[PDB]
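Opening notes on pitavastatin bound to 3-hydroxy-3-methylglutaryl-coenzyme A reductase 1.
The first sequence line is chain A, the next is chain B, and the lettering continues from there. So for chain A, numbering is the PDB entry's, and the shown residues are 198-209, 213-225, 235-566, in order. Here chain B follows the PDB entry for its numbers: 198-209, 213-225, 235-566, in order, are the residues you see. Residues displayed in chain C correspond, in order, to the PDB entry positions 198-209, 213-225, 235-566. We number chain D the way the PDB entry does; in order, the residues shown are 198-209, 213-225, 235-566. One-based numbering, in listed order, for ligands and for the atoms of each. Header entry for method reads X-ray crystallography, 2.1 Å. All values below come from the heavy atoms of this structure, side chains included, with hydrogens, waters and symmetry mates left out.
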There are 4 protein chains.
Amino acid sequence: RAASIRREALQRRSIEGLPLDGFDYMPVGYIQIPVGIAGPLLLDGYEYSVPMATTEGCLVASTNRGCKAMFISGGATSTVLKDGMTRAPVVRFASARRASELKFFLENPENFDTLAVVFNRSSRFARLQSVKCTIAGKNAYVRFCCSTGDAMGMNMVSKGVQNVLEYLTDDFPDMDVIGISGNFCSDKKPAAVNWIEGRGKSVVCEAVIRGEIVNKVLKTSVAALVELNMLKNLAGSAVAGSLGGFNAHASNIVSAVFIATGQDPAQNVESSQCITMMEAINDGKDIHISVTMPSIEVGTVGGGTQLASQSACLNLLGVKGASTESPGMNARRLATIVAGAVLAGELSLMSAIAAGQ
Amino acid sequence: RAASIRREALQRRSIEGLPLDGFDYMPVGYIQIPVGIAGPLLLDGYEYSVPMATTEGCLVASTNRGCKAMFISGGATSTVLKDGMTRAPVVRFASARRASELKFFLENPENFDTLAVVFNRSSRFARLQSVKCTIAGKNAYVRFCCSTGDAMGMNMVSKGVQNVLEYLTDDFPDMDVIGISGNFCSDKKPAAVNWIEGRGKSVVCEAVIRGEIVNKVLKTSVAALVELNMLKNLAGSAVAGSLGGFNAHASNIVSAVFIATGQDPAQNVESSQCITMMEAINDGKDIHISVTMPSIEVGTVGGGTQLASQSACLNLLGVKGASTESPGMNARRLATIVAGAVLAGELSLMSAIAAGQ
Amino acid sequence: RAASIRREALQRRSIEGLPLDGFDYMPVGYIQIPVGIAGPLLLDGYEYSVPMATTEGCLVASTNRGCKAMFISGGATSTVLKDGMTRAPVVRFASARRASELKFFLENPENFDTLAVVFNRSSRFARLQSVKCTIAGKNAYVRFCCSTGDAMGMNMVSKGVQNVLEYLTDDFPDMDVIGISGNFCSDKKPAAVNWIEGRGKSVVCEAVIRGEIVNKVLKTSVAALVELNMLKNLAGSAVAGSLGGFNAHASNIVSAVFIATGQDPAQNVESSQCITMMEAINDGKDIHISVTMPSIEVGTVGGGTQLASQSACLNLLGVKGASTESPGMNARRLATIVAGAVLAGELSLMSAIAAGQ
Amino acid sequence: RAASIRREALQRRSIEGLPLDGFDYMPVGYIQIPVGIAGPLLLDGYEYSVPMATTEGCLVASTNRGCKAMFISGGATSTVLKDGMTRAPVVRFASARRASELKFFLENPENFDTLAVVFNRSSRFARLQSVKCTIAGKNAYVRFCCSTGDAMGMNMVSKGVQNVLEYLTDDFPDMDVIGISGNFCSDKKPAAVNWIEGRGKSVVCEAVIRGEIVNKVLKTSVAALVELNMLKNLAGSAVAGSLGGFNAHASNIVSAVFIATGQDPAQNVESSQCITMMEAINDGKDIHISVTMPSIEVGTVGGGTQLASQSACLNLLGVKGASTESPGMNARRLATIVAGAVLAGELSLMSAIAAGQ
Ligand SMILES: O=C(O)C[C@H](O)C[C@H](O)/C=C/c1c(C2CC2)nc2ccccc2c1-c1ccc(F)cc1
Ligand SMILES: O=C(O)C[C@H](O)C[C@H](O)/C=C/c1c(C2CC2)nc2ccccc2c1-c1ccc(F)cc1
Ligand SMILES: O=C(O)C[C@H](O)C[C@H](O)/C=C/c1c(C2CC2)nc2ccccc2c1-c1ccc(F)cc1
Ligand SMILES: O=C(O)C[C@H](O)C[C@H](O)/C=C/c1c(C2CC2)nc2ccccc2c1-c1ccc(F)cc1
């Protein structure tokens, strides 16, 4: 209604193509990104039609060729290694010695259940896992890690940090809270702390392609792919001084799935973090392929996940909304689907390159 | 038509919310992301209504508060430092000594005009700027850099690499082209080569906020902001082992503008690269604020830029399509608008945090 | 005797300057590095004459000027944040799922006392602190961390890894031990895992210089130094894409002390890791200066620590040999002396630069 | 004489072992490090007895086993890729736009011969190669690169920076020189700018070991070594978030040679930067092994190179003093000897690990 009057305000230059009617509502319209399907992606038993919101189009095709090569090869096996969202306030004291005392306090086992109880009023779903106090001079970067059910859970983890931050004025009234975020989290930035430590769902996803299928179907060899993986994704990314960028195009696939399933597209910068491994097995006859992804940040609940169209795309994958089984399970399964689509993407583009030789 | 029949194929589980009718066309539908406006953004003289495709909504508001604080403070001044898209094939020889000879050849000035002529049949718009051969053992990572007009120009730079790669079999028939990309570019990955060297448009954007406006309007002080910038964006990102992540949330703003203007959302991982500087000036009375962004990768031509809705959003900014003035100027101006919206974003969220103390 | 005959073998070109007589003994001689003294370094109460083995000479002077400025300013306060040496074997399995099972096993609390008992036959002094299994495809990088008394303790931690690696063939006979080191430790290399996680003694060291002393003695101001620290050591090292290099010259001081006290000079690459913080305190009247150093790797026992000359230099500092008080205390105190000399070094050179303006 | 009286001052606690007599002279004594020989190292035709100053002793043995395996395998071939020492002042202006104008000025070709003439009064040997102005907000980090003959040449490059910095007050009187170093050089710190760009001598060194020698002599296989190189030195260093640390122990060998030849042992942090490549050649029959080292910083002239003992060690290698042939050639040849000894070190320890399986 108003958003309709606000559009004519702006043209009084033309924003004519931008549709207004079609979406249920400071909005001035909406853009449209077409959705392609990659599948079947055979993953931990189940088949998935992977929705990919993208303009490219040759990317849906490329991810498709990868899902097929894995479909006839046994499919993919994902393993969730760690599941927990993080927020890291920077606080400070008058001294590093004093700041150290907050560290040793927070990192004492015997204090945990108290810090936990305080943190977990943040919601029904907040369950604090750990606290890592990093000291730099008289400043402390306190990394809180917690499970958050099927929500990506950034407000939740913040309600909880503030709970423990208020509770801490009892013992530490000299503490100055400089920021609710000190970039030690690290949110929507590439950071070693996320690579080393994990942020959100840390996933590994693997498949074995048989020599016969690498020749007949990918029109390359086991040895050519193992070598191209070492020279491009490992030695190449190393020579370029990459952080977490030891892969061919995880970012294309992660972005496309994120935008279709209504994730935060800015969290794609650390969610795209990936090492691609390609290892000759069975006296060089077959290839073991994996993606290891320490910081896939997704939810099936909240944000853009509950818009009509994005909701339809989660529902296709059967992860729409909170888990009935147990809270967190739909968000965990979404992460493995991303790791699986990434693995297919790596295999397709890595074969295309190696085959082109 | 077919895409309509393909949707029912998939439900034979429900993808009901996903709209089908509304977009002109393997598409199975399209998703809808609402567009907010941040402005006026006063930048290098002109005012802009900045389209931001996002679900958050508090992000459009936050970027708005920043554009206003800069509107009453003189507005922002952008400077384009470097403009050129890169592709880096990995080739190899039997020896490092032999690979060195390709390096010293390519990097000889007197060879450039020949390599240029060969490269520039890629299109009317391809103009090769440089070639940087990095040797690792007997492998060479040859970074080609070229201007590409108003197209982001990744196909163009590839047509050109292949031109020079074929031409090189004259002098180097022993060369094996292992990959058209060796991850030394580095495309859709965070890499030191992009931070150090630049990729696409390298922009700096700056404003001065007066003490009076920092107190009256941002409800903080000059000293509080300079300090929070050092502890969060500099010392914080350092303690976290960040690469290019010396900022608060460039990624939120870059993503939102990228998705609205039909850019490649996976290029957000290196386009979000940013150092935020906040420096007390005029005997501590005022604050100089900047973003330095070495790798903003955008075009106003091709890909998703020519869909109805994304086109309407570029046209709002007056950068839609190729430059009349001269090829490249619309893509350059789009980059500065991104740097300007990022600066507003940094100022808003950095003030909100500092003010909260 | 033989080493004397072996020298003439080599000249049959002249190695005449290289002394032979003077050292008690495949040695062919010995080189001589002159030792300077920086002090008094007033640190956690005590005064130290800091031995610095260096050719420069202007470096001993520069470190001296820093120790004096801190002597009249109250001296330095060190805090040991973490103390533990690490070794990280790479092992592998046929699958990532299988490799995950070693991770979840090792990282189960209830298994720790068993892994501990097995590990701690390595010596009287080996006390295992933790095990962090990082999975990459079907490979596992198992980071063992342990206290090792006053020895730097790299053989000790290795005897212990092999203990747990043999013990693991019970439950994991399918495990292949690919290497006793998989570069995830990371020994004598700069690595994010050491910055984020710590390796050996993690130290913070701090002093307050009064406005009066910054003007009268360092011939600069509080504001000039805070600013130069932000532009050089923080924004500068960031623009350069530094890892752990957020300081002016920790490496000069660490090297000089390491070579004099008979440490391993190749461990200087991660022992020099340092963030220098300089913060205005007391309404801008005074400056809080610190070094935070996550990976100082030293011992007072074994290796070159027990040569005549290197031993004399440890004995000057009163840390020579194993701790009577309790095992580890001399190696811990040596680390704080290094952090203190580094802080003096930073203050001296950072003042010299700022004063030169 | 005085240094003799200064020793008794300090004991009035015992520094008895530290020798006083034996060295020609604020010195209070000297320490002694024993020198071992690794060789013959067969490199670019010539044989070398490589002096290694180290306490370990098992390290000289390990480097010896590598030199022998290469002696019977054809020896090593080094290639110098780039030769130039760098200093990077941070200067600033009132604006980024203004700072940009210094960048575009300095980086204009037509200005170079003038900047060169000004720079090159620094000495007979200073020959300026390039200037790279990096802008961050209103600050500029100007990387000067120059040849410096056989001196490591850090004073020389500084005399030259100051020459151009004074000359710049003509055109840029508004410039503030904040520091003669802004950590963008980056001296005695690990930095992406050194990895990407090079600092001092950038060397590649390669050898081919035949299947027969890998079995008979190194007691492993071609395939085992290629694999261990990928899992340890590449995937391992990547998982650890390494910068320039894509090798097993370059730092051990670089340190040992640096200390014996009187180099600056603090420059070992960036001189140890290394990617180790191991590639199966000749239908998997043989192994191509290399080290690529972008920042070996050495001189044969000045500093500790002209002490009796360190001089004797350079003279063994035939690189002592300035080049007769042409200035720089002895310092260049020393770098290749370091790269060669590193390659031998990698081969020995990498074989020992792989063979242990
Ligand atoms: O390679 C990288 O470092 C990442 C890459 O840039 C991301 C980009 O979206 C992918 C581009 C791409 C694709 C896209 C379908 C995803 N398909 C191909 C099929 C056959 C042969 C090459 C390609 C290339 C392709 C074409 C030219 C290249 F130089 C590289 C890849
Ligand atoms: O801070 C960072 O490292 C990046 C951040 O995570 C990205 C995130 O999209 C921003 C979250 C955010 C916002 C969003 C409008 C963009 N607005 C605020 C307004 C007042 C106070 C805090 C915030 C926070 C906010 C709330 C809680 C926090 F912990 C941090 C920021
Ligand atoms: O600055 C850095 O990034 C690290 C530096 O390179 C390490 C080097 O050993 C130090 C060089 C140095 C020294 C040495 C005594 C340690 N003293 C000075 C005193 C007054 C003014 C400058 C200096 C400089 C000095 C001279 C010229 C410079 F460009 C920088 C520092
Ligand atoms: O591996 C790394 O990441 C680097 C390493 O730490 C540096 C260290 O100076 C080397 C230690 C070393 C050596 C030294 C002679 C240099 N020799 C061996 C011979 C046979 C088998 C193992 C080793 C190990 C050795 C022993 C135990 C290990 F865990 C690793 C290497």
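For pitavastatin, every matching ligand or chain, copies included, can be listed as ligands 1, 2, 3 and 4. Going by heavy atoms, the other chains that come closer than 4.0 Å to pitavastatin (ligand 2) are A, B. Interface atoms of pitavastatin (ligand 2) facing B:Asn461, defined by a heavy-atom separation under 4.0 Å, are 7 (C), 8 (C), 9 (O).
Annotation for pitavastatin (ligand 2): atoms under 4.0 Å from non-hydrogen atoms of A:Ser367 are 27 (C), 29 (F). An N or O contact shorter than 3.5 Å links A:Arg296 to pitavastatin (ligand 2) by distance.
Counting heavy atoms under 4.0 Å from pitavastatin (ligand 2), residue A:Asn392 touches it through the side chain alone.
Residue A:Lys397 approaches pitavastatin (ligand 2) through these ligand atoms, each under 4.0 Å from one of its heavy atoms: 9 (O).
Distances below 4.0 Å separate heavy atoms of B:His458 from the following atoms of pitavastatin (ligand 2): 16 (C). For atom 5 (C) of pitavastatin (ligand 2), the candidate residues are A:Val366, A:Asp396, A:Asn364; the nearest heavy-atom contact is made by A:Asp396. Interface atoms of pitavastatin (ligand 2) facing B:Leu268, defined by a heavy-atom separation under 4.0 Å, are 15 (C), 16 (C). Taking a 4.0 Å cut-off on heavy atoms, B:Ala457 registers as neighbouring pitavastatin (ligand 2). Here is the list of pitavastatin (ligand 2) atoms found below 4.0 Å of a heavy atom in B:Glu265: 9 (O). Taking each of B:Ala449, B:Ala459, B:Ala561, B:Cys267 in turn, the one with a heavy atom nearest to atom 15 (C) of pitavastatin (ligand 2) proves to be B:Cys267. Heavy atoms within 4.0 Å of pitavastatin (ligand 2) belong to A:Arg296, A:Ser367, A:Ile389, A:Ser390, A:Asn392, A:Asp396, A:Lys397, A:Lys398, B:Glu265, B:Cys267, B:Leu268, B:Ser271, B:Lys441, B:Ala457, B:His458, B:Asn461, B:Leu558, B:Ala561.
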